[PDB]
Amino acid sequence: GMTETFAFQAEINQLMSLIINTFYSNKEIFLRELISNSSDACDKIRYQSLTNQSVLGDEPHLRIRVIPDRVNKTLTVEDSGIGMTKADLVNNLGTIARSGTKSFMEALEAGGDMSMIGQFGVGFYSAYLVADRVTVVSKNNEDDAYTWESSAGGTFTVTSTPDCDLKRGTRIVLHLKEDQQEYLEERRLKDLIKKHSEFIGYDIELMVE
Ligand SMILES: COc1c(C)cnc(Cn2cnc3c(Cl)nc(N)nc32)c1C
């Protein structure tokens, strides 16, 4: 089946090349980065709803949910936030992140700590510290539902998903690397949500059973 595939922009391509298959002592920070993004997406739609309540549509509840899949060996971070359009997935996010991507790359070449990735506005990419593939399913009010996917080899796919569960928001599926399986464990995820994301202004829903 024909899948639309794109080459990442120079700076992102170089940043992902840096992140993958590298030792780091605090790879657990990926969770804080994805939850903060989800909190921000929820805040954007909450803000839009203050002027136009119709923006909430059939999904009036704002949540952040963490789903470990012990059979598929995946960790999912899903929210009912603003979501992303096709143009966001393909170009717009990379355009706004460009300067910060180049600046973080420069900090990393200088011995910079990977934990400050979020201050550079490219925190999503920390998912590649623990995953070898990331699938991103997103539905924004202004577009159809789309699936973005990448194994950080320089390319990414973008496919329309006109049959996904999502009324609005983003679902990030982390296909965990063989040695990063600890992020599927209930205690680890509880301790991790508590350690770095305790006072997030939305419940961090952890699928326990
Ligand atoms: C598609 O994959 C992404 C890319 C290539 C860059 N940044 C983000 C972070 N990000 C940007 N907007 C986002 C929204 Cl609306 N929501 C969430 N959860 N993450 C977001 C994502 C998920």
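Numbers here simply count residues along the sequence, with the first being 1. Each ligand, and each atom within it, is numbered from 1 in the order the structure gives. Values below: all heavy atoms of this structure, side chains included; hydrogens, waters and symmetry mates excluded.
- In this structure, the drug modeled at ligand 1 is BIIB021.
- Ranked by contacts, the chain bound most extensively to BIIB021 is, in the PDB entry, Heat shock protein 83.
- Applying a cut-off of 4.0 Å to heavy atoms, one finds the binding site of BIIB021 to be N37, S38, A41, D79, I82, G83, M84, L89, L93, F124, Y125, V136, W148, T170, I172.
- Shortest contact from atom 19 (N) of BIIB021 to any protein heavy atom: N37 CB, 3.8 Å.
- For chain A, the entry records the source organism Trypanosoma brucei.
- Shortest contact from atom 14 (C) of BIIB021 to any protein heavy atom: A41 CB, 3.9 Å.
- Among all non-hydrogen protein atoms, the one lying nearest atom 6 (C) of BIIB021 is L93 CD1, 3.8 Å.
- Taking atom 1 (C) of BIIB021 as the reference point, the nearest protein heavy-atom neighbour is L89 CD2, 3.2 Å.
- Residue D79 places at least one N or O, backbone or side chain, under 3.5 Å from an N or O of BIIB021.
- In this structure, the protein non-hydrogen atom closest to atom 10 (N) of BIIB021 is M84 SD, 4.0 Å.
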N/O to N/O under 3.5 Å, BIIB021 against protein:
from, atom 1, to, atom 2, distance (Å)
BIIB021, 18 (N), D79, OD2, 2.9

